[PDB]
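Inspection log for the structure reproduced underneath, given as structure tokens.
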Number of protein chains: 2
Amino acid sequence: XXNXXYX
Amino acid sequence: XXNXXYX
Ligand SMILES: *[C@@H]1O[C@H](CO)[C@@H](O)[C@H](O)[C@H]1O[C@H]1C[C@](C)(N)[C@H](O)[C@H](C)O1
Ligand SMILES: *[C@@H]1O[C@H](CO)[C@@H](O)[C@H](O)[C@H]1O[C@H]1C[C@](C)(N)[C@H](O)[C@H](C)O1
Ligand SMILES: [Cl-]
Ligand SMILES: [Cl-]
Ligand SMILES: [Cl-]
């Protein structure tokens, strides 16, 4: 993970 | 805004 979003 | 991140 480590990313974010939101999709 | 309204979206997220983190870039
Ligand atoms: C997403 O990350 C930001 C930056 O640290 C935090 O401020 C935020 O609380 C965090 O969002 C939580 C709530 C969410 C979106 N329902 C998910 O549970 C994420 C993984 O964590
Ligand atoms: C979104 O990220 C910023 C920067 O890290 C935080 O300061 C903010 O608290 C976080 O927003 C919260 C609250 C919100 C907008 N209702 C959402 O749950 C997000 C994911 O987390
Ligand atoms: Cl998402
Ligand atoms: Cl949320
Ligand atoms: Cl960002």
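Read the sequence lines top to bottom; their chains are A, B, and onward. Following the PDB entry, chain A residues are numbered 1-7, in order. Shown for chain B, in order and in the PDB entry numbering: 1-7. Modified residues are written as the parent amino acid, or X, and their further atoms are left out when contacts are counted.
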Chain B: drug name: vancomycin
PDB molecule name for chain B: vancomycin
